[PDB]
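Looking at a structure with avibactam (bound form) today.
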Amino acid sequence: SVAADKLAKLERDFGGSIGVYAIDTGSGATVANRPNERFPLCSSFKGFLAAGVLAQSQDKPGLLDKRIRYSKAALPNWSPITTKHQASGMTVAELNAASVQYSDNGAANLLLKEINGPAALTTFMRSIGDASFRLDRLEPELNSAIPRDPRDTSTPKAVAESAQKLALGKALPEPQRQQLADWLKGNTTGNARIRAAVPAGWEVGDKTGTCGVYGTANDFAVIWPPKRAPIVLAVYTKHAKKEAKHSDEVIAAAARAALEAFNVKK
Ligand SMILES: *C(=O)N1C[C@H](NOS(=O)(=O)O)CC[C@H]1C(N)=O
């Protein structure tokens, strides 16, 4: 296809692999590249963590209102929101907002503890029919991104299909789906990635990941146009060389190629 050819050229210049899965929920059309290959999730797992916490909240009402207090010394690196609010604590809802919208690592590890760990999140994902997602480790060790290593990975197809089920479909009850959507829509970290390829002003709920090694970074998004049906897009990169840098521009370019196949151009 046009899109496949553009994605192949992006891979050649990048020197590594670009996994793409896009779904136009209007027509059902798809764009795929390396759809079933594993890529590290990095911070992108936090969008699915939010869905797993919301799933627990159907059981335990008031869960989003529960205030979590924590020590300063227990926070991992890259915890800007949780560090700032240590004296006040944060509610489970606030922690999800920081985890999803700022990629706060301390928030993500606190919510992992709330839902009983990476295996528990993986079980929730299996319960929606996602057989690919696996979370094995906590922040920051989950970002090692070692080539061929299956820990803390998913596939582009499974990321996009699960994002569809959770943020557009019925895997969560409607109030929880709306909350997940609203958290993703207020992300602040994705402006150079999928969003860079989306027409101005359209709502985009996305979650980025940047492992910081092996050219490994990613973004997945649900795009809500004003005039046409939602589109779901997952873009994941990896590279065989430890020192290879990830590229926002490559991710944005891959998003552009997929969206052009759906006749969406910024
Ligand atoms: C997620 O991959 N991480 C936490 C934070 N994420 O921000 S990003 O998703 O906008 O890149 C920083 C990078 C990374 C990490 N080092 O844990």
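All residue numbers in this chain count up from 1 along the given sequence. Per the header: X-ray crystallography, 1.4 Å. Ligands are counted one by one from 1 in listed order, and the atoms in each one are counted from 1 as well. All heavy atoms count here, side chains included; hydrogens, waters and symmetry mates do not.
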- Message: Just wondering - which macromolecule does avibactam (bound form, ligand 1) hug the most here, in the naming of the PDB entry?
- Response: Beta-lactamase
- Item | Site of avibactam (bound form, ligand 1): non-hydrogen cut-off 4.0 Å | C42, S43, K46, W78, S103, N105, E139, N143, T189, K207, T208, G209, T210
- Task: Would you mind running through avibactam (bound form, ligand 1) and noting each atom that sits below 4.0 Å from a heavy atom of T189?
- Result: 10 (O)
- Task: Check whether any N or O atom of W78, backbone or side chain, sits under 3.5 Å from an N or O atom of avibactam (bound form, ligand 1), and answer yes or no.
- Result: no
- Output the list of atoms in avibactam (bound form, ligand 1) that are nearer than 4.0 Å to some heavy atom of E139, sorted by atom number. 17 (O)
- Item | Atoms of avibactam (bound form, ligand 1) close to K207 [distance to a heavy atom under 4.0 angstrom, numbered from 1] | 9 (O)
- Message: Please list, in number order, the atoms of avibactam (bound form, ligand 1) under 4.0 Å from a heavy atom of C42.
- Response: 2 (O)
- Which atoms of avibactam (bound form, ligand 1) sit under 4.0 Å from any heavy atom of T208? 8 (S), 9 (O), 10 (O)
- Query: Where is the nearest protein heavy atom to atom 2 (O) of avibactam (bound form, ligand 1): which residue, which atom, and how far?
  - Reply: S43 OG, 2.2 Å
- Task: State the atoms of avibactam (bound form, ligand 1), each with its element, that fall below the 4.0 Å cut-off from a heavy-atom position in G209.
- Result: 2 (O), 9 (O)
- What is the modeled covalent link for avibactam (bound form, ligand 1): residue and atom, or none at all? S43 OG
- Check: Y102 N/O within less than 3.5 Å of avibactam (bound form, ligand 1) N/O: no
- Message: Can you name the atoms of avibactam (bound form, ligand 1), numbered from 1 with element, that are less than 4.0 Å from a heavy atom of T210?
- Response: 1 (C), 2 (O), 8 (S), 11 (O), 13 (C), 14 (C), 15 (C)
- Species of chain A according to the entry: Chromobacterium haemolyticum
Between avibactam (bound form, ligand 1) and the protein, tabulate every N or O atom pair separated by less than 3.5 Å, reporting distance only.
| unit_1 | atom_1 | unit_2 | atom_2 | d |
| --- | --- | --- | --- | --- |
| avibactam (bound form, ligand 1) | 2 (O) | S43 | N | 2.7 |
| avibactam (bound form, ligand 1) | 2 (O) | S43 | OG | 2.2 |
| avibactam (bound form, ligand 1) | 2 (O) | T210 | N | 2.8 |
| avibactam (bound form, ligand 1) | 2 (O) | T210 | O | 3.4 |
| avibactam (bound form, ligand 1) | 3 (N) | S43 | OG | 2.2 |
| avibactam (bound form, ligand 1) | 6 (N) | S43 | OG | 3.2 |
| avibactam (bound form, ligand 1) | 6 (N) | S103 | OG | 3.1 |
| avibactam (bound form, ligand 1) | 9 (O) | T208 | O | 3.1 |
| avibactam (bound form, ligand 1) | 9 (O) | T208 | OG1 | 2.9 |
| avibactam (bound form, ligand 1) | 10 (O) | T208 | OG1 | 3.1 |
| avibactam (bound form, ligand 1) | 11 (O) | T210 | OG1 | 2.6 |
| avibactam (bound form, ligand 1) | 17 (O) | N105 | ND2 | 3.2 |
| avibactam (bound form, ligand 1) | 17 (O) | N143 | ND2 | 3.3 |

